[PDB]
Asker: 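This structure holds calcitriol. Let me ask you some things about it.
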Amino acid sequence: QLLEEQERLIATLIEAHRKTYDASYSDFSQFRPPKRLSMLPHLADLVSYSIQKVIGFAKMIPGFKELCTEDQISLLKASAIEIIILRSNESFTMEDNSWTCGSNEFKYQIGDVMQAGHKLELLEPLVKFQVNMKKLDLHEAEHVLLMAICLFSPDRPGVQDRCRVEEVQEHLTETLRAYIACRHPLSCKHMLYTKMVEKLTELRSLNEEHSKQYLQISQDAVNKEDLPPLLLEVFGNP
Amino acid sequence: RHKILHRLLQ
Ligand SMILES: C=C1/C(=C\C=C2/CCC[C@]3(C)[C@@H]([C@H](C)CCCC(C)(C)O)CC[C@@H]23)C[C@@H](O)C[C@@H]1O
Ligand SMILES: [Mg+2]
Ligand SMILES: [Mg+2]
């Protein structure tokens, strides 16, 4: 019951995600080295890397490049951390509640991310998010529709053409529902779709809390060389 | 402005 166009869309997004996500984690050797705000330079380098991948991903979702430049920028700045948190589930493992990226030297757990200045009000819900998304056990297509739907939120600050944005989300979400209804015939379709948008709501709270702590981290690391230009454009600059 | 972000979008 999945239309040919919904099947093509899912296919496009899976192609986009594979091109902009690198499960060999081979550029990690290039970031500044981890140290165990001692982990800020490495973790900052990582998010600045990752944001660029998110931008690569965006540009390949149909109808995003067709947006005006200011809309794209306001969409990226609203959801950039939320999409990094989603896509990071790929490297997350419940075997020790870490993000592990090719080797144990690039293995991040809740403690390493407090040596980058963050606090329990974000980290604890962060790892609970990671564990619970794992238990969702999403198919590759559900994963990538979620990252796209989280980007095409017409309610973000600064969005000028909200009608166009809602149309793309409409399309995105109709396709998600259809997939759930086909692929999971034994579950309540309403129940499955709700458990996924619920994650989108918890991504907004993770994002507000991250925003809050970043303000003070960046102010703290203002004279040091710790934050790279891209994070400053995305998250703020004091 | 947002120099780098602007250049990524091309
Ligand atoms: C990114 C990706 C990865 C990990 C993400 C993690 C684990 C380390 C801590 C991170 C980076 C969180 C930090 C609390 C964010 C802090 C950002 C800053 C220090 C600038 O305020 C955000 C998501 C978490 C690895 C790989 O999956 C690519 C993915 O894309
Ligand atoms: Mg990647
Ligand atoms: Mg089923």
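Chain naming is simple here: A for the first sequence line, B for the second, and so on down. In chain A, numbers come from the PDB entry; the residues present are 2-37, 79-280, in order. All residue numbers given for chain B refer to the PDB entry; the residues shown span 290-299 in order. Recorded method is X-ray crystallography, 2.5 Å. Hydrogens, waters and symmetry mates play no part in the numbers below; they use all other heavy atoms, side chains included. Counting starts at 1 for both ligands and their atoms, in listed order.
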Asker: State which chains or ligands correspond to calcitriol.
Answerer: ligand 1
Asker: According to the PDB entry, what is the name of the macromolecule sharing the most 4.5 Å contacts with calcitriol (ligand 1)?
Answerer: Vitamin D receptor
Asker: Name the other chains in heavy-atom contact with calcitriol (ligand 1) below 4.0 Å.
Answerer: A
Asker: In the protein, which heavy atom is nearest to atom 27 (O) of calcitriol (ligand 1), and how far is it?
Answerer: A:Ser133 OG, 2.8 Å
Asker: For calcitriol (ligand 1), note which part of A:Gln255 has a heavy atom under 4.0 Å away: side chain, backbone, both or neither.
Answerer: neither
Asker: Check the entry and name the source organism of chain A.
Answerer: Petromyzon marinus
Asker: Starting from atom 2 (C) of calcitriol (ligand 1), find the nearest protein heavy-atom neighbour and note its residue, name and distance.
Answerer: A:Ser92 OG, 3.7 Å
Asker: Could you tell me whether atom 20 (C) of calcitriol (ligand 1) has at least one protein heavy atom nearer than 4.0 Å?
Answerer: yes
Asker: Test of understanding: given a 4.0 Å heavy-atom threshold, classify the contact between A:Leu82 and calcitriol (ligand 1) as side chain, backbone, both, or neither.
Answerer: side chain
Asker: Of the protein's non-hydrogen atoms, which lies at the shortest distance from atom 14 (C) of calcitriol (ligand 1), and what is that distance?
Answerer: A:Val155 CG1, 3.5 Å
Asker: Run down the list A:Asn131, A:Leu168, A:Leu85, A:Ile123 and name the one with the heavy atom closest to atom 15 (C) of calcitriol (ligand 1).
Answerer: A:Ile123
Asker: Is there any other ligand or ion under 4.0 Å from calcitriol (ligand 1), and what is it?
Answerer: none
Asker: Heavy atom under 4.0 Å from calcitriol (ligand 1): found in A:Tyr22's side chain, backbone, both, or neither?
Answerer: side chain
Asker: Could you identify the single nearest non-hydrogen protein atom to atom 18 (C) of calcitriol (ligand 1) and state the distance to 0.1 Å?
Answerer: A:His160 NE2, 3.6 Å
Asker: Quick one: what's in the binding site of calcitriol (ligand 1) at 4.0 Å, using heavy-atom distances?
Answerer: A:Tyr22, A:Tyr26, A:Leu82, A:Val89, A:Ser92, A:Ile126, A:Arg129, A:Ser130, A:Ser133, A:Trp141, A:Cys143, A:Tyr150, A:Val155, A:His160, A:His252, A:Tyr256, A:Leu273
